[PDB]
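Presented below is an entry in which one can find pirmitegravir.
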There are 2 protein chains.
Amino acid sequence: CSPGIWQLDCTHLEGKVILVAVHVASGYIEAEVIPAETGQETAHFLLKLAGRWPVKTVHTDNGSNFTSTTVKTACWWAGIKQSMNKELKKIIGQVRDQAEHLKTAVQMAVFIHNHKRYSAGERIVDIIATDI
Amino acid sequence: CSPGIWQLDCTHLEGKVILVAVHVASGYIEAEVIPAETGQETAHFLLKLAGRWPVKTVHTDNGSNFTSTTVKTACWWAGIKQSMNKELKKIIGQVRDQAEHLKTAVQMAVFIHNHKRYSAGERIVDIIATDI
Ligand SMILES: Cc1nc2c(c(C)c(C)n2Cc2cnn(C)c2)c(-c2ccc(Cl)cc2)c1[C@H](OC(C)(C)C)C(=O)O
Ligand SMILES: Cc1nc2c(c(C)c(C)n2Cc2cnn(C)c2)c(-c2ccc(Cl)cc2)c1[C@H](OC(C)(C)C)C(=O)O
């Protein structure tokens, strides 16, 4: 798929919110635990992702996520325009006993996911570099 | 330089702590504002970085940062072994008026830094992909 396309969705576990960004073409995941499913958390996360990868267009499974002027101002500043969450939840459960805080298990599960095999982490750098 | 080498340092601004990871070979930056300069924040950040990039060895300008068993357990789980912060602070000041929270300005400054020109963001993906 096009190299700048990401999917962003907010999922739930242990009464906390996990935001999950997926690089559609590669399967590569950036994920974080946020305290509330607010547009402020979405806006700040978009700004983070955009600084780290070339984020051209964002998709979601909940369009209403992208309606706050907070979020749109982030889409604007960064030049952004407008399945996998059960795999990650699976890995979270596997490693969950290895950590106290859910936020630690999520990053353990992102590590596992992006490096298991190519690996998602290998495909995104190959994709983004080919495009360059 | 070798593709898995990162430098990690904790810098201060507005009475808050900014953790700054630099991909030595490319100049690419991941940075976050943390509430306290604790080993817990360092450990969790290392786990995050390692899931996102191939992090083989970490350097720092404060060795004592890496002495907690919390941090070493993270170095261990991820398979990690053991100048730029004034550039980023410069950009933070420039964009500071554009944001209320310092944490928003930091991600604005990471975005600016990694994409200005190649760009640091282009070099890290080229470096990491060449290695692959
Ligand atoms: C909350 C926490 N405290 C920790 C550690 C460790 C190793 C120690 C010694 N302590 C103090 C302690 C625990 N019991 N006792 C009696 C004293 C870890 C940890 C878990 C897995 C990895 Cl790879 C790396 C660190 C965490 C993790 O949180 C982060 C945010 C990552 C620090 C978590 O969420 O489990
Ligand atoms: C705290 C905050 N509130 C915001 C916005 C926006 C655009 C609106 C409308 N509001 C509510 C508001 C502000 N004044 N009034 C009277 C109502 C932003 C913002 C700033 C720059 C970008 Cl590109 C994108 C969003 C932020 C930023 O924080 C994050 C965590 C990023 C949300 C920040 O740190 O400035």
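In what follows, chains carry the letters A, B, and so on, assigned in the order in which the sequence lines appear, proteins first and then strands, with residues in each chain numbered from 1. Just so it is clear, the values below take in all heavy atoms, side chains as well, and ignore hydrogens, waters and symmetry mates. In each ligand, atom 1 is the first atom listed, and ligand 1 is the first ligand listed. Structure determined by X-ray crystallography, 1.9 Å.
Contacts with pirmitegravir (ligand 2) are greatest for the chain named in the PDB entry as Integrase. With heavy atoms closer than 4.0 Å, the chains neighbouring pirmitegravir (ligand 2) read A, B. The nearest heavy-atom contact from the protein to atom 23 (Cl) of pirmitegravir (ligand 2) is A:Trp77 CB, 3.4 Å. Organism of origin for chain A, per the PDB: Human immunodeficiency virus 1. Evaluated by nearest non-hydrogen atom to atom 20 (C) of pirmitegravir (ligand 2), the leading choice among A:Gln40, B:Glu100, B:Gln98 is B:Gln98. Looking only at heavy atoms of the protein, atom 18 (C) of pirmitegravir (ligand 2) is closest to A:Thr70 CG2, 4.4 Å. According to the entry, no covalent attachment of pirmitegravir (ligand 2) to a chain is modeled.
Within pirmitegravir (ligand 2), counting atoms from 1 as listed, the ones closer than 4.0 Å to a heavy atom of B:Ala99 are 35 (O). Within a 4.0 Å radius of atom 14 (N) of pirmitegravir (ligand 2), the protein contributes no non-hydrogen atoms. For atom 35 (O) of pirmitegravir (ligand 2), the nearest protein heavy atom lies closer than 4.0 Å. Distances between N or O atoms of A:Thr73 and those of pirmitegravir (ligand 2) include no value under 3.5 Å.
Of the protein's heavy atoms, A:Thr69 OG1, 3.4 Å lies nearest to atom 9 (C) of pirmitegravir (ligand 2). For atom 31 (C) of pirmitegravir (ligand 2), the nearest non-hydrogen atom of the protein is B:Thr104 OG1, 3.4 Å. For pirmitegravir (ligand 2), no other ligands or ions have an atom under 4.0 Å away. Under the 4.0 Å distance rule, the nearest protein heavy atom to atom 25 (C) of pirmitegravir (ligand 2) falls inside the cut-off. Taking every heavy atom under 4.0 Å from pirmitegravir (ligand 2), one finds A:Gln40, A:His44, A:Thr69, A:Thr70, A:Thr73, A:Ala74, A:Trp77, B:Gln98, B:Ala99, B:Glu100, B:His101, B:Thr104.
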